Colleague: 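Here it is, the structure, as structure tokens.
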Amino acid sequence: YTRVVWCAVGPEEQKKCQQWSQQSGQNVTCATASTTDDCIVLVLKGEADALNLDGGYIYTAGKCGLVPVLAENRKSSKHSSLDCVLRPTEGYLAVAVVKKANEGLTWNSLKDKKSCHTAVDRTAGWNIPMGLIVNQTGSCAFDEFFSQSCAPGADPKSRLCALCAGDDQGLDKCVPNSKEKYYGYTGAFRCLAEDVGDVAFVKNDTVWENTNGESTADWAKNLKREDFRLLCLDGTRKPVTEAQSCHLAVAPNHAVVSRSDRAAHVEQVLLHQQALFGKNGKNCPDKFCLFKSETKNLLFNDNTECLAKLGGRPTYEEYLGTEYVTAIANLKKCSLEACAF
Ligand SMILES: *[C@@H]1O[C@H](CO)[C@@H](O[C@@H]2O[C@H](CO)[C@@H](O[C@H]3O[C@H](CO)[C@@H](O[C@@H]4O[C@H](CO)[C@@H](O)[C@H](O)[C@@H]4O)[C@H](O)[C@@H]3O)[C@H](O)[C@H]2NC(C)=O)[C@H](O)[C@H]1NC(C)=O
Ligand SMILES: *[C@@H]1O[C@H](CO)[C@@H](O[C@@H]2O[C@H](CO)[C@@H](O[C@@H]3O[C@H](CO)[C@@H](O)[C@H](O)[C@@H]3O)[C@H](O)[C@H]2NC(C)=O)[C@H](O)[C@H]1NC(C)=O
Ligand SMILES: *[C@@H]1O[C@H](CO)[C@@H](O)[C@H](O)[C@H]1NC(C)=O
Ligand SMILES: CC(=O)Nc1ccc(O)cc1
Ligand SMILES: [Fe+3]
Ligand SMILES: [Zn+2]
Ligand SMILES: [Zn+2]
């Protein structure tokens, strides 16, 4: 009851959950699956209680009757006086990033280039940019737009998985979990930085956290913000400082989801868990920090200040917004009330 089973996606999230489990006195416990979808099925079955999902997955989960419980809240400084847990969520910016040196690459010349995506079905990495691209070409053949990609979760023998590298020994190529080298926000940005792809579809924060010494990871130590450009929809290129005027969309924050009938209890445990291991928590940075994992974004994004309560006890459609929800429905016509599982 006052015991929550968290669902970890892959081995590194499993290991981070184990630590949290150990530290919480097993007030929190762990289940592991190989993909986010499998984790969603565990929650549906009642074998896991919760996990923190990107908005594209919140849409999947929502059709299956899962609900948003609490949202990631970022360190942005309006609503000055208001406590993090009560502060409204601001959303993040979906951007398309390229190298400066790749001159004359703009939004209007992306066809046949090489792309890096966080994973199939994700907001900044997939739903937004592909939604736009299908919209613009009036075609559903989005698997033939780019010449090669790393899009975790696509068919390992498609050109959408050609740029993916798998793990330390080349296994698990293109799995939508952190064993894939180029998975997630930092994986997709690394794919661009290493010059495997021509463009990466990530969020604004990813560029900042992995350049100018902010990272220290070996592939990122020498990366410089000036060496990157954002692609705007008007066909221009701007410095990464112009994200407010050069983005593809504003995305709803990642949120914790649970089965409706478990929402209340998952909420109370987690609010208590962040008091202990959150940003200014009793036991962070002393014993354990929930929101840290050295730019790996394990379980939660590394930039999370706190998990915030959601205004208007919203449904999943209200949490995602009509704008975004219609964008997804239209894109999914290419592959009605439903639930995939
Ligand atoms: C696009 O994304 C980036 C990354 O999230 C946004 O840039 C961030 O803006 C924040 C304000 O909204 C900055 O907040 C504070 O960060 C720290 C807090 O201690 C302050 O000093 C920092 O010290 C740490 C050392 O650990 C460094 O990481 C920082 O470089 C900095 O020196 C800082 O003065 C500030 O009060 C945050 O620094 C900043 N992130 C970075 C890495 O520069 C950006 O706003 C966003 N833009 C849009 C359009 O949304
Ligand atoms: C790709 O193109 C599709 C088809 O045009 C886009 O879908 C459309 O998106 C707009 C923008 O939100 C919707 O407009 C809304 O119309 C409803 C009326 O049903 C109204 O209540 C709102 O005030 C708003 O004007 C529109 O409904 C929707 N069209 C439909 C029904 O399919 C889609 O947004 C495009 N994809 C991307 C990523 O932009
Ligand atoms: C877990 O058990 C109870 C229930 O909330 C609580 O009082 C206790 O502080 C928790 N312990 C930890 C370490 O989370
Ligand atoms: C469209 C949109 O983001 N709506 C929304 C976001 C957060 C929330 O707590 C309630 C509603
Ligand atoms: Fe996301
Ligand atoms: Zn905008
Ligand atoms: Zn409502």
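Residues 342-676, 681-686, in that order, are what chain A shows, numbered as in the PDB entry. According to its header, the structure was obtained by X-ray crystallography, 2.4 Å. Just follow the structure's listing: the first ligand is 1, and inside any ligand the first atom is 1. Heavy atoms only: backbone and side chains are in, while hydrogens, waters and symmetry mates are out.
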Colleague: What is the identity of the drug or drug candidate at ligand 4?
Modeller: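 It is the drug paracetamol.
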Colleague: Mind checking which chain paracetamol touches most? I'd like its name from UniProt.
Modeller: Lactotransferrin
Colleague: Which residues and nucleotides contact paracetamol at a heavy-atom distance below 4.0 Å?
Modeller: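 At that heavy-atom cut-off, the residues are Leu651, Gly652, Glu659, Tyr660, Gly662.
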Colleague: Among protein heavy atoms, which lies nearest atom 8 (C) of paracetamol, and at what distance?
Modeller: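 That would be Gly652 O, 4.0 Å.
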Colleague: How far is atom 2 (C) of paracetamol from its nearest protein heavy atom, and which residue and atom is that?
Modeller: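 Closest protein heavy atom to atom 2 (C) of paracetamol: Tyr660 O, 3.4 Å.
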Colleague: Help me out - which UniProt domain of chain A has the most residues in contact with paracetamol?
Modeller: Transferrin-like 2
Colleague: Name the closest protein heavy atom to atom 4 (N) of paracetamol, giving the residue it belongs to and the distance to 0.1 Å.
Modeller: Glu659 O, 2.9 Å
Colleague: Give the numbers and elements of all paracetamol atoms closer than 4.0 Å to a heavy atom of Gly662.
Modeller: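 Atoms satisfying the 4.0 Å criterion: 1 (C).
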Colleague: What does the entry say about the source organism of chain A?
Modeller: Bos taurus
Colleague: For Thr430, is at least one N or O under 3.5 Å away from an N or O on paracetamol?
Modeller: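 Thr430 vs paracetamol: no N/O contact under 3.5 Å.
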